[PDB]
Structures are given as C-alpha cells and as structure tokens.
Amino acid sequence: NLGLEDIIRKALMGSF
Amino acid sequence: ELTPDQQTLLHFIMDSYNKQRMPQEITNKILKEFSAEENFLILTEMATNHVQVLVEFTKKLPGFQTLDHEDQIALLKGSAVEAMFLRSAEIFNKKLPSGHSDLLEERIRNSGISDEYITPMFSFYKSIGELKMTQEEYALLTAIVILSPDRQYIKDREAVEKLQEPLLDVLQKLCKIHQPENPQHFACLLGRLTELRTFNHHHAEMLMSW
Ligand SMILES: CC[C@H](C)[C@H]1O[C@]2(CC[C@@H]1C)C[C@@H]1C[C@@H](C/C=C(\C)[C@@H](O[C@H]3C[C@H](OC)[C@@H](O[C@H]4C[C@H](OC)[C@@H](O)[C@H](C)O4)[C@H](C)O3)[C@@H](C)/C=C/C=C3\CO[C@@H]4[C@H](O)C(C)=C[C@@H](C(=O)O1)[C@]34O)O2
C-alpha cells in the first residue's frame, strides 16, 4: 500500500 | 544553425543523458541468459535501477528544480514508463548488432506482465528504428517526454510548457538541419510520443513494485 509517488519523493533526494 | 542558447542546452542534455551506462555489462543482459525466473529477478532490478537514472536525469533538466514540488512528482510518475520504452528502443536498434531480435518469447512469463507487453514494445521499436534517429534525438525526445504539461495532476501547465518549449525548439532545428530532404521528420518524432501515451494503458501502471 505504498505505492509509486513515494518512491519518487524519496528518489528526489533521500534514497539517493 | 542552432543559437548559442540551443547549442548550450543541447550539450548539457547530451552530457547528462550520458552518465547513464555502463555499456560493458549490459552484455550480462545482452548475451548469456541465467534465464527464466532468473531473468525476472534481473529485470525487476534493472527497472528499479531505471527510476534512479530517470530522476537524476530529470533534476538536471534546465528549470526542473524551479518547478513546484508535486508538479515535479506528477511529471516523473507520468514519464517513468514512457521513458523506459524510449530507452529500450535506443538499445533494441542503436546498441546490439543487427536486430531480430532477443526473441526470448518462448520464455515470457508474467509480473503481472504477459504477451501484451511484448507486441506493443515491438511495433514501437521497429517504428523508432525506421526513424534512424541520432542520440541527440533520443536525449531531447526524452526530456520532451518528462516535461509534458498535459500530465494529469499538474497545477501549473504553463510552468512546465515554458520548460518544454525550448527543447522542442531545438529538436525542430536539428531535424531541419540533419535531414532537410524529408521536412516531416520532426512531426514523426512527435508522432511516436503518442504510441508512448498509448502504452500507458496496457501497462496500466507500474506502481507498487517490482
Ligand atoms: C523491461 C521490463 C519489462 C518486462 C520490459 O521487458 C521487455 C518486454 C516487456 C517490457 C518492455 C523484455 C525484456 C526487457 C524490455 C526491453 C529492454 C531492453 C531492450 C533493454 O533494457 C532497456 C530497459 C532497461 O530498463 C531497466 C534499461 O536499463 C535500465 C536500468 C539500467 O540499470 C543501469 C540503466 O542503465 C538503464 C539506463 O535503465 C536499459 C538501459 O534499456 C535491454 C537492456 C534489456 C534486455 C533484456 C533482455 C534481453 O534478453 C534478456 C533475456 O535473454 C531474456 C530472456 C529476455 C529479455 C527480456 O526479457 O527483455 C532480456 O531480459 O522489454
């Protein structure tokens, strides 16, 4: 129950 | 015939579109395929490992960080799949010896992802190949796709169009320079972004996983 948009939020800095 | 502004923008894009490699062990994927449910485990990676490149390429697009925040998210949620199909297509004809054609099919599984993913990606590649397009054309055509002001959930379309505009402007020129013989090359490049928007239904969405 994430789903994608979070992944992108992260990838925009954090998850590097 | 480009203007300073264009040649500068072009180089910047090229540069950036390039730091995504490493063509060497794209051979690990090319030949010798640990196949089947192995092959799943690799793509799932590869996919994932396409988003991080996509987002790196996007941050460095002239004006991207200056956009809203959710606009930024909605762009990328809209491009992730389109831009992967465009990557494939470059590979499927620019990399690789002489086409026909990985032809694994007697080895396609689900994901859920079956045979209606195979056929789409096929017509598309053969049609992009038919365009005999240079890398610069792959680079820009990719930024044109991310920077698309008619993605659903954008609030400031004109904020995005201001950014997309110059890049469309350059692509037009290149076309009108490298091939004046056929004055309908640019119109075909655009034409293909449409087969892209289409596949966004058969690939319902690549959310969740993996
Ligand atoms: C791709 C997932 C879905 C299933 C797609 O699969 C299929 C059909 C359905 C979808 C299209 C089939 C599948 C892959 C794609 C087509 C993919 C390509 C033609 C190429 O890859 C593209 C996309 C890839 O994206 C990750 C992208 O690399 C990402 C991550 C990289 O990390 C560093 C990053 O550098 C890069 C910039 O970005 C890459 C650059 O370029 C090509 C590389 C993939 C070939 C894949 C295969 C060739 O033989 C393999 C195997 O012998 C087999 C059995 C089937 C093939 C396959 O299964 O191919 C196979 O595994 O299409």
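Lettering of chains follows the sequences in order, A, B, ..., and the numbering in each one begins at 1. Heads up, header says this was done by X-ray crystallography, 2.9 Å. Because only heavy atoms are used, hydrogens play no part in the values below, and waters and symmetry mates are left out as well, while side chains stay in. One-based numbering, in listed order, for ligands and for the atoms of each.
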Main binding partner of ligand 1, per UniProt:
Bile acid receptor
Help me out - what's the drug at ligand 1 named?
ivermectin
Just wondering, which other chains does a 4.0 Å heavy-atom cut-off pick up around ivermectin (ligand 1)?
B
Could you walk me through which residues contact ivermectin (ligand 1), taking a 4.0 Å heavy-atom cut-off?
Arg21(B), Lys29(B), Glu33(B), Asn39(B), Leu43(B), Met46(B), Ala47(B), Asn49(B), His50(B), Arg87(B), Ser88(B), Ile91(B), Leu104(B), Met121(B)
According to the entry, what is the source organism of chain B?
Homo sapiens
Hey, quick one: which UniProt domain of chain B is doing most of the touching with ivermectin (ligand 1)?
NR LBD
